[PDB]
Number of protein chains: 2
Amino acid sequence: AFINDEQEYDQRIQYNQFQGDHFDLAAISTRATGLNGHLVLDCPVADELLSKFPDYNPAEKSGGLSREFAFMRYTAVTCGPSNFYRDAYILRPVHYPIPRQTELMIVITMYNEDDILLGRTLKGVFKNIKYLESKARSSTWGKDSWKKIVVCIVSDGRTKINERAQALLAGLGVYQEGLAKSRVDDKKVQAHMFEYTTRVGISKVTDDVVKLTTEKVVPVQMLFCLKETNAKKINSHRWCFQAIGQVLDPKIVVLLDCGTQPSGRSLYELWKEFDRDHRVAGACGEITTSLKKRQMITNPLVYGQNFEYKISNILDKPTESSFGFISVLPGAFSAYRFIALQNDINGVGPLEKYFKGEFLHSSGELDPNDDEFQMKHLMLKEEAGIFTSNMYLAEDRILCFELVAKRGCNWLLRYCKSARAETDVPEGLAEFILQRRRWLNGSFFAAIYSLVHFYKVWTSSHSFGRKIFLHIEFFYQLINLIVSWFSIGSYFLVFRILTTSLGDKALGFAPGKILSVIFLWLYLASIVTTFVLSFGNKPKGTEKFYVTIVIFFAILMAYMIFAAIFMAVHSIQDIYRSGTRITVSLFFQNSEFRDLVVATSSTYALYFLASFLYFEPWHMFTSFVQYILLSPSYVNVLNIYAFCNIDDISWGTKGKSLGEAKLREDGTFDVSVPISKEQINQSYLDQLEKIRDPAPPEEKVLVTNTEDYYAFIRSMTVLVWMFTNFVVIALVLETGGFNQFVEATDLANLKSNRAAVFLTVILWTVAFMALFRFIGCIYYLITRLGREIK
Amino acid sequence: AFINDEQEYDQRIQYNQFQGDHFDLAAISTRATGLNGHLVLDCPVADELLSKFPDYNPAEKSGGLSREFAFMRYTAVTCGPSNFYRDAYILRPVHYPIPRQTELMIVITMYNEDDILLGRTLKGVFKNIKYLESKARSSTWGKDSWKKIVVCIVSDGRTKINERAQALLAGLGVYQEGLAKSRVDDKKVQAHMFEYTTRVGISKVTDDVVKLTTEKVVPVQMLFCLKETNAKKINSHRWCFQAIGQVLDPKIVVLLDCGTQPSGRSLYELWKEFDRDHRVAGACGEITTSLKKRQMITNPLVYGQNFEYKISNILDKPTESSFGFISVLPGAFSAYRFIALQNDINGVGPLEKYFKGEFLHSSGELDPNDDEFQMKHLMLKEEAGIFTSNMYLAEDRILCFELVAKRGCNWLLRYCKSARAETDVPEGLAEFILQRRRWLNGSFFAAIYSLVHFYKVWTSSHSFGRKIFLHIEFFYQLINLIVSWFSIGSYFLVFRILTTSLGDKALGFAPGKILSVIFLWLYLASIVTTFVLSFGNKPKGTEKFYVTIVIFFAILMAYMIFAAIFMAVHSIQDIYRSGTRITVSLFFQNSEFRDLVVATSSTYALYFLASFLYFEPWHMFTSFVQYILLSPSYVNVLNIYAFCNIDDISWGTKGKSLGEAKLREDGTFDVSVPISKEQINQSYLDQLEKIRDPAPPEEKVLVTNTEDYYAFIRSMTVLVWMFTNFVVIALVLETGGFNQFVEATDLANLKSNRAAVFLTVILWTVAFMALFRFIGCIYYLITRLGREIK
Ligand SMILES: C[C@@H]([C@H](N)C(=O)N[C@H](C(=O)O)[C@H]1O[C@@H](n2ccc(=O)[nH]c2=O)[C@H](O)[C@@H]1O)[C@H](O)c1ccc(O)cn1
Ligand SMILES: C[C@@H]([C@H](N)C(=O)N[C@H](C(=O)O)[C@H]1O[C@@H](n2ccc(=O)[nH]c2=O)[C@H](O)[C@@H]1O)[C@H](O)c1ccc(O)cn1
């Protein structure tokens, strides 16, 4: 088990002086004393772990180690997040005789994750902490910097945590099996907290095994909170913010997920981003996809996701950062300023909005024995509108808007490209669809909520120009939402127009008509099958149907590109045939050539320039084709599945022995039945009276269950989506009854004109959005360079 | 509580001699002795119930009543249906010193039904038994006929049974609360059986209250089997047939449902049907809908259902009875010959097929403690094909085909119109849809199964002509299935053709085009909304959407009828305009007039004649319009909901405390945690070894859950249905890409020709099916009259 930039860190660190502070222990005889009336145990760690440390001395009973390094502390929490601070639950960092002030709380969320992912995450965090320690000419960082950093691991589900990750945590010395207790004082234990200052560092993380060693390891404060029952990531975040954060009172809370490995200096970059400008309240870093042992042709999906991530980080994040409002901060890797998230005195704030979703989106069955029964009952009893009851879709995204548009605060959201983190993307198609469901739903709901409540930014204390530019960004987001809502209809219209154009006898392509008909039939079949499977079955079961649909859509996209190229070439040849010389004006006057070629080429050129200026050009070659071929799948399959499954009904449906006869030694059976005449007569009369009366009306008027409400909401949403898309399609191609209002000959010309107008509109809208994003990223680069010079 | 044809029965009955036979009791001290090692208690009934009887004498301790009338017997059954006969479970009728042979077992099924429905059913049964007793010149019936009849009530769910119905049963004296025991000898009690010979008769059943009296009441044997947990009607029928039937060994088992009130002589008619011809194995009686306090205009749905039932009983049942094979025997009211249902020595038979559906269609989670674990494990372990695993759809319908096409037996199914029963139809729309789901699914699956396995009738020992006529019936059923599969597409095609015909400028109707377009859009919207609601929501929640859709379809049907009439009138006027005189040949040569008018008029005339010849003409006037207006709803809404919900997933998903710390008198908490160095080191080494190895491949290869299988089956079925219907529609109206293969002018003429051909085909197919059924019912009437003369 035990065996270049990192080397620089080791040189600056002495490694000889790591004596811990003395703290009061809890007596353990096996009666044990608990601090403040709570179940607290300070057990000793395995002797071998102590022996590994260089400072260990065989003569010393404990090796001469400090109290913190020698004993691991276990606490059982029964109250829950809401009352954790109210109760006298004291964490070790604040329990020292000299209080320790936290500067950076690194939160890690785990759920049945393999030991490899946790090992990679912990290796990244340890490397970042080592770099922070090694820093010499820093006012805040340097010697004894590890005392200001706390690593919190919140595992979701005691019975769902992977055994190998638990073994890894035990190897760190944080976790011990025997300590955990199910109940205390007839009260259920909601969470189990283990606190330990580990001096064990992960040397390397291979593909199959994890190797940890004690050589050149900086001490790290570890707090491992194991939850008794899984209550989702929102409940995990409630534990992190509402309960632990208040006790620790840290700044710049960093959120991480298992499998995300930050760089060697990324956390320092995030902290510097927060430190330079005091108005910044949230930050995010570039996220990258690993391509170590994945081939270009064997894994098209991975490379498509890589291209998507690179384009996002290069165009979308910089522009939003320039405007000061980021739609989404990646939960996998982001950071928030703690004070900015605090609610107002009135009780309304970003955290309240974020947490309300967990309470509202759940079965209305509250256990009276829970100590949080009053809070949940009050929250559910309150009248909730459409937006409040549907906050669960937005998730973290709501926090960004709530932070920017505060009543009287001046906060901003910023994106830094210096911070980089590597994560693992889902290789399988079913996992990809399941992941994209929530992304799409959250993005749509967040956009709608922000656009509807855009007036809230007026009261915020921002500069007038800042408000004007925020309004410009809101207008851009409105345009993007409108374009995204009509994605499927626009794709179908473009496909139909391009395929039918090949059917014209003017151009010499014979199989055009038959191919167009076959592709239309296959498209309709794929759409219908996708809808049926989305409503009925689970992605993991019927994966092959989705694979076939994706392959068909890739082939169709290839055919569409070929048709567009053929049409453009034919138009150019006709231009030359017409004679009278050729001029650039004539080329730009031809609708076919212009729309089909110029717009797409301009968009590609903008993407290429943006990639080059960021010194990340490879993704424009290695992973472009896969993304282009998969785009129709992105629009159709993912969007259909996301909209059909808006409601996430995780909870199930709903939720005195008469007697016991025991055979005795003899054949007789011991029974207790009525014997007296009086009681039998009384029972008979009671039955007669019970039946001898008319049936009263029920008039239950029960509130009923919430699952019906969310199912209704999802049904209405999908119906409206279908109706609008079909209205647009009927208007463009005269598909419905509109063809009756025209004649045999006028229909063709009118349809052609409408199709041309639609094509030019959509293509130029896409090109203009690309230009907008390009200019935004250019400005981001210029301003970042100028700030760096300063 | 206690207060003309029936009068005739009382006159013939002496009512003075009703002494019961003596039987051995079980000692009840409160240790009580059980017969054959089972928990059996013979408790005394309430003294007032004994006092009511005329034979009661105040001087006598028990009033002089017989043992059976004085004591009620309770038995606790733990084994279940499979092993009930194997175990020494003895029912009172077979426990007498002189064994009693059962002649007619009247089974009643109850599930949270109101006391009113049970009261009506029991009143009907008691009246039938009284009539049988009164019969004088009968070899089998007459004096002491009540000893040959046993009434079995199987209630589904101990905790779901309605309290008022239970009070009614207690008033009868069958049920007592104290006796029931949850467990015996550490074995769960599956069912609770109460046996009593009640002399209490229901005098009348008002709308709100039930009145029972002891005057002029014939004793009735009652066996009330209350099941501990609900396992559906198939499990109830398993209890009735597999377990009670074997012990009683009756003939002509009669099946009834709560709320079905048979006539005063209906059961005698069924028994006579069985007695006259020994080849008959199953029988059914006419079922009627009550219209006492329901208005023609206030309740259109009730009258539509009334018309449907009358037409069914007048046309469908007689023809199938004439052929000797009935597709469905109403479970609410039918009868079966017990010996015909018995399985073969090899273990294959109608009952095995019927019961296999319950076992296969359920969660694959068998409790090892069940005594039927071996049987269920063997059945599930066996390889099951598509048909065997989907038998749950057919339900009772499978029994009919399994009976007719036996390997070497000669059995027939017959329908008698002398037997009549009145039932309550669902007034609400949601209840109607829920009821029709299973009807449609069962009919479709039974038709498919019978058609596929038509060759099984070859080996049956029937006359050659009988086999020929059965094959003719199979061909007719194949045609009916084909017509029913394409119902929605045919309806849409007819609607589109009729609405577009009004758009032609030849006829002077201006709003035709706009109305056609609007109706097309509304039709598409209704279809899409129906599909979405069927997949997503529950009928009870979103009832108003269905109501609106039904109203729209009724309006559309009215408009379609108007359009057809207008077109026919215009065609006749053009015929007159053409000149050259008029002849019947010219009228029958015009496709428009012929197809639109002659076929529909012929069908209506056939229906009218069939109604008149059966002396039931009123339904052709009172309830015809409602059925005509609701037919499109029948085809669209019910069929869509039934096909979208083929899978009935009733079951849910899926299905050691670390320690306990108790605070003592002092502040210390009592805990048990590791103390010794050795155990801590051993645990640390164990964790190191656990993590120090590579991850082995899972390779679970688990069988997985069955719900996915049924969801997949339903998805495939709906997809195939959609594909076939759309193919037909595209072929007829040139809706898809087919229009590309024609020109501007030829398309209109070709579409018109195809539409005319489709209209004539469909209308004449309907007319010919109506004629076939009419001839069949005519033959049924003639043969029944001839048999009556004989
Ligand atoms: C999605 C993320 C990462 N791949 C991931 O999987 N995140 C999970 C999530 O988003 O839910 C985390 O949630 C935990 N979880 C799961 C189930 C539960 O029930 N409770 C619970 O806490 C999981 O263990 C996991 O750590 C990915 O890197 C990413 C995100 C944003 C982005 O812009 C780019 N990339
Ligand atoms: C449907 C029938 C009657 N209205 C009815 O409701 N039958 C129920 C059924 O068909 O299921 C019976 O099944 C019992 N049941 C219910 C739920 C459960 O979970 N377990 C259980 O035993 C119910 O109590 C009830 O007696 C109607 O008259 C009819 C039938 C056929 C026909 O051609 C014409 N009309």
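The chain called A is the first sequence line; B is the second; the pattern continues. Numbering, chain A: per the PDB entry, residues 135-137, 146-171, 238-863, 868-1002 in sequence. Chain B is numbered as in the PDB entry, which gives 135-137, 146-171, 238-863, 868-1002 for the residues shown. Atoms within each ligand, like the ligands themselves, are counted from 1 in listed order. Just so it is clear, the values below take in all heavy atoms, side chains as well, and ignore hydrogens, waters and symmetry mates.
The largest share of close contacts with ligand 2 comes from the chain named in the PDB entry as Chitin synthase. For ligand 2, the recorded drug is nikkomycin Z.
Other chains near nikkomycin Z (ligand 2) (heavy atoms under 4.0 Å), by letter: B. As modeled, no covalent bond connects nikkomycin Z (ligand 2) with a chain. Lab note: binding site of nikkomycin Z (ligand 2), heavy atoms under 4.0 Å, is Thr317(B), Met318(B), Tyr319(B), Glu321(B), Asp364(B), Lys441(B), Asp465(B), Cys466(B), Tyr517(B), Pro538(B), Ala540(B), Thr631(B), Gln643(B), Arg646(B), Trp647(B).
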